[PDB]
Enquirer: 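Consider the following structure, which includes isoniazid.
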Protein chains: 2
Amino acid sequence: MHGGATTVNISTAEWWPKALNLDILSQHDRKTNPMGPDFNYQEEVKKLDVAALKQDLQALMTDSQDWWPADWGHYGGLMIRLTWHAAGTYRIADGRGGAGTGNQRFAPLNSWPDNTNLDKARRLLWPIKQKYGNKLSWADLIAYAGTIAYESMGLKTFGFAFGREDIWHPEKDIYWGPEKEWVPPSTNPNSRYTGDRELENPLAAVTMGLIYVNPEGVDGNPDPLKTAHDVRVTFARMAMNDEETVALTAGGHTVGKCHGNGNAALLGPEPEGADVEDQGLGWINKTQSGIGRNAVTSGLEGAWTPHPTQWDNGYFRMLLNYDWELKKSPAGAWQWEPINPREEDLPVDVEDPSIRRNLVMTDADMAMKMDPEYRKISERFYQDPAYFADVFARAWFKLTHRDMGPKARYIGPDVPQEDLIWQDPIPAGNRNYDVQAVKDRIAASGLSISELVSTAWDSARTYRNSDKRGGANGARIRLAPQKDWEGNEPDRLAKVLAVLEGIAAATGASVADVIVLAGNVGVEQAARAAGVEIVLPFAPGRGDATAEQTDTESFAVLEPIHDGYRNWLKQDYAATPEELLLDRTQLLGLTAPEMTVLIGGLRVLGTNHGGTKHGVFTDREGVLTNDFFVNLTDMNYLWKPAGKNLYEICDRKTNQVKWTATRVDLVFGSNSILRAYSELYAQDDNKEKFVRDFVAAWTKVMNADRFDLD
Amino acid sequence: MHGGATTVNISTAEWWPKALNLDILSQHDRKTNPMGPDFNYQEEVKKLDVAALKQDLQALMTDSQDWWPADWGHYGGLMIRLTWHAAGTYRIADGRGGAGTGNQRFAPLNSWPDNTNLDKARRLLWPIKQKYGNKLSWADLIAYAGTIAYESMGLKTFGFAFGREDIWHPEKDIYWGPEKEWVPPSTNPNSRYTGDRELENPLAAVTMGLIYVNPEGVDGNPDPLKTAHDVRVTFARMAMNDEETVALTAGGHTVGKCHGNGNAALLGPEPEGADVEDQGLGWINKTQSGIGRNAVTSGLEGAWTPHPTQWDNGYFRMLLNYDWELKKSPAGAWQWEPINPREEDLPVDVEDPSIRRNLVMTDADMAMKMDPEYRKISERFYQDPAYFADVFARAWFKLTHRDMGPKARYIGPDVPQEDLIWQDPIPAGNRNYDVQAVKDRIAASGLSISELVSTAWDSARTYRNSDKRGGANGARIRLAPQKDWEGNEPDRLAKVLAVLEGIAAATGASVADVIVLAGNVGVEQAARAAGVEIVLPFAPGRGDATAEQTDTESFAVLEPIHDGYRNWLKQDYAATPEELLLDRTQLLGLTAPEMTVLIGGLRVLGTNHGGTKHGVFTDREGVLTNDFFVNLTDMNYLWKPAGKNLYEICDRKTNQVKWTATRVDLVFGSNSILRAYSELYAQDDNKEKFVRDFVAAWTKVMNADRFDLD
Ligand code: HEM
Ligand code: HEM
Ligand SMILES: NNC(=O)c1ccncc1
Ligand SMILES: NNC(=O)c1ccncc1
Ligand SMILES: NNC(=O)c1ccncc1
Ligand SMILES: NNC(=O)c1ccncc1
Ligand SMILES: NNC(=O)c1ccncc1
Ligand SMILES: NNC(=O)c1ccncc1
Ligand code: NA
Ligand code: NA
Ligand code: NA
Ligand code: NA
Ligand code: NA
Ligand code: NA
Ligand code: NA
Ligand code: NA
C-alpha cells in the first residue's frame, strides 16, 4: 500500500471541522493555471474572429451528433438551458455564482441534478472551443451559446460581451447550502429553511442542487400559488423582479422541451460519480436507449409550445387559452397538461415529425397564470408581444452579464452602447492633473491619518470579485445609500468628504481619485512618522458616478455589516467574526499573507470603527510599524476572554490589563497558519518587509476595481 | 447569514469522496508563501551567525520561563523530545514525515496526543527565531534544539546541518492512517492492522497520533515482549536497526522525565481545537496548576535516571540493576517502577530539589531488557559506554537528517565530512567535456527514441521530494538492485547501458550525464520528426555512484512497482492506477498540468513498459505531437471497459476497436480538471505550447535531484 493522501476524504478537515478554510484565499494560483504567466485572455479575445464564431455556433444548432441527437434537428433549446443554468447560479447577497467563470464544467455544478444532460451540451460545444482555442474561453462560449440559439430561432437578442476568463478548478469559496443530499424536502434535518419557510440568506435556491425552484411544486407537491412564492423569492435573490421573472420564464419555454420518456432510475451516475469510461459525461443510460425520444432529463415530458424550435407567441397562447390539469409523465413526474388540446397544437416527436406528442406546463409555468401579479404581466405579454420580446431580450442579457462587472470589462462587437443601471456605470475621470498638488492640499488640510485612511478603506472595501461590483471607482461612498451606512461612520465621513470635495473642485481630479489619494497620503505620513520615506503607487482616472446611475436598492447587498479590518460588527451574528473576515477577504481577492499585514497595519494606524482601541497594540498609534505582531506574539501576556468578541491582554507578572482585543485580532495569534505569518512579521529583521507588504496590499485593494486601466 | 465556504467541512469532498485529490499537486504555491519571489533560504542561512545562535540556544536551556517552567531549571529533556518527535514521523516507504519541513508547527502534527505540550517547547524557541529571523527557519531551529540540548547536557554530538526551508501550511500529501479517532486499539473498525497483526504498509506507527509505539503496551496492555515486536517494526520503518533502536531509546531517556502528576481529563483541547485565547497553545489546564510538578503530558510520571539533567550511564544502570514491577502513575497510566530503590537514586522534584520523587521505565524501556536481542545490545552499551555514546550520537544525527537528501543540501560549520551511506553519496561529475560531441555519438548509435527516452525516464523517476532520495544523479540505475528491477526492463536497460557506458568512457562525461543527455536526444529527435527544432536545456556534472556507496536494501523502497507514466503496474493493487500516478507525481514535485503533458508526450513517444500500445493514440509513434489529447477528446469514439485496467476505444459508427487504453490514460479524459487540461492541449492553436510544456516538464524531472548545482 502507498502513503499518498490520494482521495479527497483523507484530511485535517475531519479532525477540526470548525477551522478557518484558509484555502479559499489561495485558489486559482500558478500551479493550477496551465497558461503561461504572460497570457492575457482579454487581449486575446480582442483578436477573436467573432463573425466566423457566430457562423459556426449557428451551424452547430442544426448539426445533430448521433451520440446525443438534436431534438427535431435543433440543439437550440438544449443550448439555452445550458446558458440559463450557467447564469442561473448567481445570487446577489455575495455575488457568487453566475456564468462569469465557466464553473459549470467543474464540480459540483457539473453534477447537480438540475444540470442533468448539460454535460452533453458542453461536450457538443467542444469542436468550436477546439477551433478558436485560447481566444475563446469556455466561460464565454457557454455564456454565448444560448444567445446564438435565440438568434437562430428568431429572437432579436439585445447583445453580448466577451471577456470571461476561464478557471481550472471548482470555486471553493462558494457555500451552496447546508444539505448533504440532493434535492431533499424542506423538512429534513439540515434544512435551508428557518422560521416561517424563510430561506436562509445567502442562498437563492429552494434546495441543494436546483437552480431556483422545484418544477413539480414545493417539496415536490404541485401548488402553483406556493410555487409562485418560491419563484418570486429565488428570482429576487438573483436580481430579477416580477416582470423580468415572467419574461424569462415564458421566453425560456417558448422553445425546447421536457425530457422524461423512460425510467429515471436507469440513468447512470452524475459526472463526478461516473467511472472513466463515460468520458467525463454522466447520467448515461446503459440499460436502454437513453437518447432522442428516449431521453430522460428532468423526468417531465412534453413541450410548452406547438413549435418548440422557434420563437413565437406559443407560450401564452397555450397557457392562457387552454385549461390545465395534473398528470404524471412516463418517468413519474407531476406535470400539467391541457384539457382537450387540438391535434394541430401538439408538438411532434423529436425524431419523427409524423408523430404527435404532448404539451406540458410545469408548476412554475402554472404559477405565471395563477399568481395574481404574474397573471397581469402574462396577459400584458400575450396582448403586447413586442413588449414581451424586448423585456425578455433585455432580461436574458442581464441574466448572462450580471456578474461581468463594469462595462470597461466587456469586449466585442455586440456590446450594447446603452449603460444599464445594473452595470453600476461610472464615467472616465480626468487624468490630467498634478497629483502632488492634490497631495499637498490633502496634507495641508487638518484631516488626521485615521480619517484619511479609514475613508479610503471604506470607499474601496465594498469591492467583491464574485461579480465585480463595488470598489473606490465612482465615489459612490458620497451618495445614497452608502453615505449613511453605519459602518461608514457618516459624521466622520461627511467631515472628510466636505474637505475632499473642495480639493477635487479646485484641482479637476474626481472626488474618487481624491479619496484614494488621500488614503495614500495618510499611509505616507504614517510611514514617515516611523522614519520611512515612500511614495505609494497611484493611478488617476476614477470617475464620480451619479445618483441617477446608482440603483439604491441594489447596493444594499454591499453594505458593510461586518469588517474585521476596522474591527467592525453591526450586530452579534452566528458566524464567528473571523469567518466573516475570511469571507470579506476572499471577495476582495486578498491572500492570507495580505490579509494578515493589512490587519496589523490598519490596527496601528488607529482606524477601528468608533475609535475603539481593540487590537491597537502600540504606544505609537499613527505610526506604521509592525508593533501589532510584536506584541501579539509576546508571551509576557496572557489573553483572558472578557465577554462577546472581547479579550483582555494581561501582563502575566503584574496581572494588569495592558490592551484589549477582539477575536479578529487574536485569531492571527491563534490559528497556526496565521500565527506563522504573524511571527514572520514580528521578526527583528522584517520591519521593512512589513511596510513594503502593507503597502503592496493597500495598493491592491485601492486598485481592485480598475478595469478601466488598459 | 454570509455565502463563504468559511470552515473546512463545507466541500465537494463530501459528495464524491473517491475523487482524486489533485490539490496535493498545487501545495506550497505563491499565494501561501509569504516570502518574496527572489528569497532563497539556502543563501540566507549561509550568512547566519551560527556561533551566536549556539550560544543563545544553550542559554535558553537554563532560562526558565514562568508560564512553562523548566524541569530542574533545564529545558533539555523537553527540547530533545521536541526534536525527536519532529524527526520521528519519518517513514521509509514514501519518505514522508521527518523534521525536514518544520511540519510540527502546523496541523495535524501540532495536535497529536504524542505531541502534547511540545506546543510550549516550540513557543519557548520563538525569541530565538525572532532574533535570527529569515536566516533561521523554524524547521532548522526545531531540528537543532535537541542537538544543542545534548551538547549542553554533556554529550558529544556528531554534527548538524542547516538547510531546511520552512513551509506555510500542512502537508496535504501525507496519509497518516485510516482511523478517525486518536489512539484507538488495534481492534477498532478502520484498523491499520491486517492479517496477523501486520501493520499496513506505508504506516510506521502502531496507531493514529503516536510517533512509534504505545508506551503503556500494545493497545494499552503492558507486555514488554509484545512492545518489543512493535518497537522493532516501527523503528525499522523509520530506517533504524536493533542497535540504533536500543541506542536511541536509551540515549533519549538518559535525560528528562515523564509527566503525569494530575488528572489528564482536566487538560483543555489540543491546539487545533483550542479557542483564540490559548495563543495557539493547547492542553492548557485551567482547573488546577498544570505546570512544573503538576504538569501532565503522557500521563506517566517519573524519570528514568537519577540525574535527568545530564548525560551519564544512569539508564542501563537503573534498568539492568533494579528489578521492576507495574504500577499506575497518578494520572492512571501503567508504568514500571523499581523494586526497592535506594534513596540516592531517586530523581528529585522538578521545583524543589530537597524532595525525592520516583524512577520509571515505560513498556518500551522494559522491552530493551526483556527482548533477547535488545538485551544483548543493552548489556554491550552498559559495559561499553563509549561505544554507546558513539552509536547514539550517530543515530541521533541520522534521525534528524535522514530526510535532508544529498550532502550537497547540507549547510553550516558542523556538517560531518564523513559520507554516511544513508546520504546516498555521489561524487561530482566532470563538467569539462563537449556536450554536442556526446549527443552526436548518441545519435549515431542505433538506439531508438523509445530506448533513449525510457532509459532516461527510468533513471530520474525514482526521485522523491519527501526525503530527496533518488533521481538521475549517480546513475544508480546501472547498479544493484535497480538494474534488475522488473519495471526497469533489465534486458533493454543492459542493452542501452552497454552503449552509453562506451560513450561515457570515450568522452569523460559520467554515465549519469550521458543517460540524461541521451533522453534529451531522443526527445529532440522526436520533435525534429514533427518539424520542430529545439535543443533541450542541459546541465552537466552528475556523478556516478559506486556499489560501495549504495545501500542495496535501503533502495528497495524506491523500486517502481507502479509508474503511470510508462503505463506500468507490477501487480494488481487495491489502490486505483490513477491514485498511484497521483502519488508518484506528488513525490516527483510535478503539478497537475505537468503530469498531464508528460503523459501525453510519453505516450506518443512509444515508451510504455513492455512495448504495449495502451494509450498510444497516434499513427506516428516516435513523433512528439499532441495526438494523445486530440484523440482522447474526440467524441467519434466510445470507451468500453475490457477487463482489468483496460478499455477499448471504439469507433461509434463502425464499432471497431481503434486503440486500447488503461485507466491511467483515460482518467485525463474523465476527471473534470484533467480533461480541462487535456482539452487545452488538444486545441488547434496549442501544438507548440504542448511541445514547449512537455519539454519544460521533462527538464524539471531530469534536474529534480541537482542540489549540487549552486
Ligand atoms: C422559473 C423556473 C423554471 C423552471 C421550474 C424550469 C423548469 C424546466 C424544466 C423542468 C425543464 C425540462 C428539462 C428537461 O427535462 O430536459 C426546462 C427546460 C428548459 N427551460 Fe426551464 N425552467 C424555469 C426557468 C427557465 C428560464 C428562466 C429559462 C430561460 C430563460 C428556461 C429555459 C428552459 C429551456 C430552453 C428548456 C429546454 C431544454 C431543452 O429543450 O433541452 N427555463 N425548464
Ligand atoms: C521507543 C519508544 C519510545 C517511547 C515509547 C517513548 C516514550 C516516552 C514517554 C512516554 C515520555 C514522557 C513524555 C512526558 O510525559 O512528558 C518520553 C519522554 C522522552 N523521551 Fe521517549 N520514548 C521513546 C523513544 C524515544 C527516543 C528515540 C528519544 C530520543 C532519542 C526519546 C526521548 C525522550 C525524551 C528526552 C523525553 C523527555 C521529555 C521531558 O523531559 O520533557 N524517546 N518518552
Ligand atoms: N416510445 N415513446 C412513446 O411512446 C412516448 C413519447 C412521449 N410521450 C409519451 C410516450
Ligand atoms: N443516456 N445516454 C447518454 O447520455 C449517452 C449516449 C451516447 N454517448 C454518450 C452519452
Ligand atoms: N427531485 N428532482 C430532481 O431530482 C431533478 C430535478 C430537475 N432535473 C433533474 C432531476
Ligand atoms: N503534589 N505532587 C506529588 O505529591 C507527587 C509528585 C510526583 N509523583 C507523585 C506525587
Ligand atoms: N497547563 N498549562 C499550560 O499549558 C500553560 C500555562 C501557562 N501559560 C500557557 C500555557
Ligand atoms: N492513549 N495514550 C495517549 O493518549 C497519549 C500518549 C502519549 N502522550 C499523551 C497521550
Ligand atoms: Na502554471
Ligand atoms: Na459570481
Ligand atoms: Na415556440
Ligand atoms: Na527582512
Ligand atoms: Na507570496
Ligand atoms: Na519527508
Ligand atoms: Na541522566
Ligand atoms: Na498556442
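One letter per chain, A onward, in the order of the sequence lines. Per the PDB entry, chain A residues shown: 11-720, in order. The numbering of chain B matches the PDB entry: 11-720, in order. Remember, it's 1-based here, ligands and their atoms both numbered in the order they're listed. Just so you know, these numbers use all the heavy atoms, side chains as well, and skip hydrogens, waters and symmetry mates.
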Enquirer: What is the full set of ligands or chains that belong to isoniazid?
Expert: ligands 3, 4, 5, 6, 7 and 8
Enquirer: State what isoniazid (ligand 8) is bound to in this structure, picking the chain with most contacts and naming it per the PDB entry.
Expert: Catalase-peroxidase
Enquirer: Identify the other chains in heavy-atom contact with isoniazid (ligand 8) at a 4.0 Å cut-off.
Expert: B
Enquirer: Taking heavy atoms and a cut-off of 4.0 Å, what residues surround isoniazid (ligand 8)?
Expert: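 With non-hydrogen atoms counted, the site is B:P123, B:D124, B:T126, B:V193, B:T307, B:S308.
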Enquirer: Look at atom 7 (C) of isoniazid (ligand 8) and say which protein heavy atom is nearest, naming residue and atom and giving the distance to 0.1 Å.
Expert: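 The closest heavy atom on the protein side is B:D124 OD1, 3.2 Å.
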Enquirer: Any other ligands or ions closer than 4.0 Å to isoniazid (ligand 8)?
Expert: none
Enquirer: Can you list the atoms of isoniazid (ligand 8) that are under 4.0 Å from a heavy atom of B:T307?
Expert: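 Here the atoms of isoniazid (ligand 8) in question are 9 (C).
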Enquirer: Can you pull out the closest protein heavy atom to atom 8 (N) of isoniazid (ligand 8)? Residue, atom name and distance to 0.1 Å, please.
Expert: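 Closest protein heavy atom to atom 8 (N) of isoniazid (ligand 8): B:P123 O, 3.3 Å.
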Enquirer: Which UniProt active-site position in chain B is nearest to isoniazid (ligand 8), and what heavy-atom distance, to 1 Å, separates the two?
Expert: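 Heavy-atom nearest UniProt active-site residue: B:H95, 7 Å.
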Enquirer: Using a 4.0 Å cut-off to any heavy atom of B:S308, which atoms of isoniazid (ligand 8) qualify?
Expert: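 Near B:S308, meaning under 4.0 Å from one of its heavy atoms, isoniazid (ligand 8) has 8 (N), 9 (C).
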Enquirer: Return the closest protein heavy atom for atom 1 (N) of isoniazid (ligand 8) as residue, atom name and distance.
Expert: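 Going atom by atom, the protein heavy atom closest to atom 1 (N) of isoniazid (ligand 8) ends up being B:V193 CG2, 3.3 Å.
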